[PDB]
K.L.:
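Consider the following structure, which includes ethacrynic acid.
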Amino acid sequence: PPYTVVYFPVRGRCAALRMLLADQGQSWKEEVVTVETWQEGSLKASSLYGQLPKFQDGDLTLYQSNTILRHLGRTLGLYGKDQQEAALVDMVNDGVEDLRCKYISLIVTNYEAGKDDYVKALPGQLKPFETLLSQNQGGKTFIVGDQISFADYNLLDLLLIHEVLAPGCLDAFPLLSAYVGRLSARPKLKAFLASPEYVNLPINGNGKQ
Amino acid sequence: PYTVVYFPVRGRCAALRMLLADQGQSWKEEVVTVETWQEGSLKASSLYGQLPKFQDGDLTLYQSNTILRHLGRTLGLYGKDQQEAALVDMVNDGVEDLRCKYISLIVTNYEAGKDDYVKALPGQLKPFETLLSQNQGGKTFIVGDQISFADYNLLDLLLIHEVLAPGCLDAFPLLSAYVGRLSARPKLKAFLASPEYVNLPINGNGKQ
Ligand SMILES: N[C@H](CCC(=O)N[C@@H](CS)C(=O)NCC(=O)O)C(=O)O
Ligand SMILES: N[C@H](CCC(=O)N[C@@H](CS)C(=O)NCC(=O)O)C(=O)O
Ligand SMILES: C=C(CC)C(=O)c1ccc(OCC(=O)O)c(Cl)c1Cl
Ligand SMILES: C=C(CC)C(=O)c1ccc(OCC(=O)O)c(Cl)c1Cl
Ligand SMILES: [Ca+2]
Ligand SMILES: [Ca+2]
Ligand SMILES: [Ca+2]
Ligand SMILES: [Ca+2]
Ligand SMILES: [Ca+2]
Ligand SMILES: [Ca+2]
């Protein structure tokens, strides 16, 4: 630290890493880039891959949301207990990212025509995370092992936005349903989720959710 | 004991295979045909309903980048530092973003999409040139001064783009030299010349 998040005024791809920092007792600065500022070109041109989020951790500049998650997971001890658990954490996170990518494509490119199909396919996309919970301490702790990992924050965000897209999608998945409530109730995470810094942002950039 | 379970293509296993070969490792290839896959049994038993599946002794993994990170962690190909680890991830995530765009082209829009993709390509390659320029004059690796899992994934990405668009690396001296230097590593050189690499198509649908 100090931590600085540089992003558009939305939850989007920074929602998980923000929940992670809040839950871990960390403070950070939000640096807001408007559409107008972005279209000016300067920051985009100076960004490694022409994209946000950009993340500062002291003198380290990072890009890529999952790089930020893994960095915080590594530096804050949210990466499982050994090498084998680290691999399971990665596997869960990569799974979350695949669904996030599908979600974003819907939101951005094909919301109106694609929503029906997306919602029909949703149970089958959510089931693996239910299966993973069932295989770990009866779904009663975390997605991997007996300590929170960066993959938990990412999965939690994914589930939250899908309950918004498709209210009741978690009703068929008792472990995932209970997991959302249990993690959301963690006192520091509970505070953050109720705060204006979370509540007063839209989920995505285009008005859709 | 390593086992790769995948379709008979290079695809998302090309990088982890180069990694295992260059690190002096043996592994078994278990081939899943289109006909077997369509039968449904392996797809249903797979975590996310997809390949590759990777066995490492008693450990079963899915997700190509999970496999890369696992091998990188277990074989010491993940930087010297927590900070270098983060830079390795950043490069790999960048490689994955372009790989995802490449696959979308190949699979969904090759004929109509290629012209636009090729025009956009220099701007998509430029960041990896810039990273090389900031690390020991581009003379070693993408991050630090030891090979990482990100190197194998980036090398694969570059090799397939030269097939898609011959001469795309000509404007990028560091990326061009990097492809030759890594490809010349003796164990990797042998693998890249071997039937198990050469006799596979890059993708599943006949396009490249
Ligand atoms: N690989 C992604 C890339 C993030 C991304 O798609 N950035 C978007 C906003 S979430 C963006 O900067 N778009 C603006 C542009 O490309 O000009 C990540 O995990 O960070
Ligand atoms: N997130 C990807 C998923 C791999 C993937 O897209 N698998 C394809 C072939 S490379 C597949 O199994 N498709 C068959 C299907 O979906 O039924 C990874 O990194 O492994
Ligand atoms: C997170 C996103 C929505 C799902 C997203 O990708 C995105 C892209 C461009 C954006 O504006 C910059 C611009 O003028 O394009 C904004 Cl605000 C967002 Cl949120
Ligand atoms: C990215 C890919 C590999 C380069 C890919 O999308 C893919 C998907 C399905 C496939 O067959 C299974 C089927 O019958 O669809 C195959 Cl062989 C491939 Cl290579
Ligand atoms: Ca703050
Ligand atoms: Ca601020
Ligand atoms: Ca811990
Ligand atoms: Ca019900
Ligand atoms: Ca074989
Ligand atoms: Ca090493």
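The first sequence line is chain A, the next is chain B, and the lettering continues from there. We number chain A the way the PDB entry does; in order, the residues shown are 1-209. Here chain B follows the PDB entry, giving residues 2-209 in order. For ligands, and for the atoms within them, numbers begin at 1 and follow the listed sequence. Because only heavy atoms are used, hydrogens play no part in the values below, and waters and symmetry mates are left out as well, while side chains stay in.
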K.L.:
Which ligands or chains in the shown structure match ethacrynic acid?
P.N.:
ligands 3 and 4
K.L.:
List the macromolecule sharing the largest contact count with ethacrynic acid (ligand 4), named according to UniProt.
P.N.:
Glutathione S-transferase P
K.L.:
Taking 4.0 Å as the heavy-atom contact limit, which other chains touch ethacrynic acid (ligand 4)?
P.N.:
B
K.L.:
Which chain residues come within 4.0 Å of ethacrynic acid (ligand 4), judged by heavy atoms?
P.N.:
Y7(B), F8(B), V10(B), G12(B), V35(B), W38(B), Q39(B), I104(B), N204(B), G205(B)
K.L.:
Which residues that UniProt lists as binding glutathione in chain B have a heavy atom under 4.0 Å from ethacrynic acid (ligand 4)?
P.N.:
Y7(B), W38(B)
K.L.:
Identify the protein heavy atom lying closest to atom 1 (C) of ethacrynic acid (ligand 4), giving its residue, its atom name and the separation to 0.1 Å.
P.N.:
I104(B) CG2, 3.7 Å
K.L.:
What residue and heavy atom of the protein are closest to atom 5 (C) of ethacrynic acid (ligand 4), and at what distance?
P.N.:
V108(B) CG2, 4.8 Å
K.L.:
Do any non-hydrogen protein atoms sit less than 4.0 Å from atom 12 (C) of ethacrynic acid (ligand 4)?
P.N.:
yes
K.L.:
Considering heavy atoms of the protein only, find what lies nearest to atom 15 (O) of ethacrynic acid (ligand 4) and give residue, atom and distance to 0.1 Å.
P.N.:
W38(B) CD1, 4.7 Å
K.L.:
Give a yes or no on whether atom 7 (C) of ethacrynic acid (ligand 4) lies under 4.0 Å from any heavy atom of the protein.
P.N.:
no
K.L.:
Give the UniProt domain of chain B with the most residues touching ethacrynic acid (ligand 4).
P.N.:
GST N-terminal
K.L.:
Please state which protein non-hydrogen atom is closest to atom 18 (C) of ethacrynic acid (ligand 4) and give its distance, to 0.1 Å?
P.N.:
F8(B) CD1, 4.2 Å
K.L.:
Taking 4.0 angstrom as the limit and counting only heavy atoms of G205(B), give me the atoms of ethacrynic acid (ligand 4) inside it, by number and element.
P.N.:
19 (Cl)
K.L.:
Tell me: protein heavy atom nearest atom 14 (O) of ethacrynic acid (ligand 4), and distance?
P.N.:
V35(B) CG1, 3.4 Å
K.L.:
Specify the protein heavy atom at minimum distance from atom 3 (C) of ethacrynic acid (ligand 4): its residue, its atom name, and the distance to 0.1 Å.
P.N.:
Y7(B) OH, 3.6 Å
K.L.:
Tell me which other ligands or ions sit under 4.0 Å from ethacrynic acid (ligand 4).
P.N.:
ligand 2 (glutathione)
K.L.:
Please report which non-hydrogen protein atom sits nearest to atom 4 (C) of ethacrynic acid (ligand 4), along with the residue it belongs to and the distance in Å to one decimal place.
P.N.:
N204(B) ND2, 3.6 Å
K.L.:
What are the atoms of ethacrynic acid (ligand 4), with element, lying closer than 4.0 Å to any heavy atom of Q39(B)?
P.N.:
14 (O)
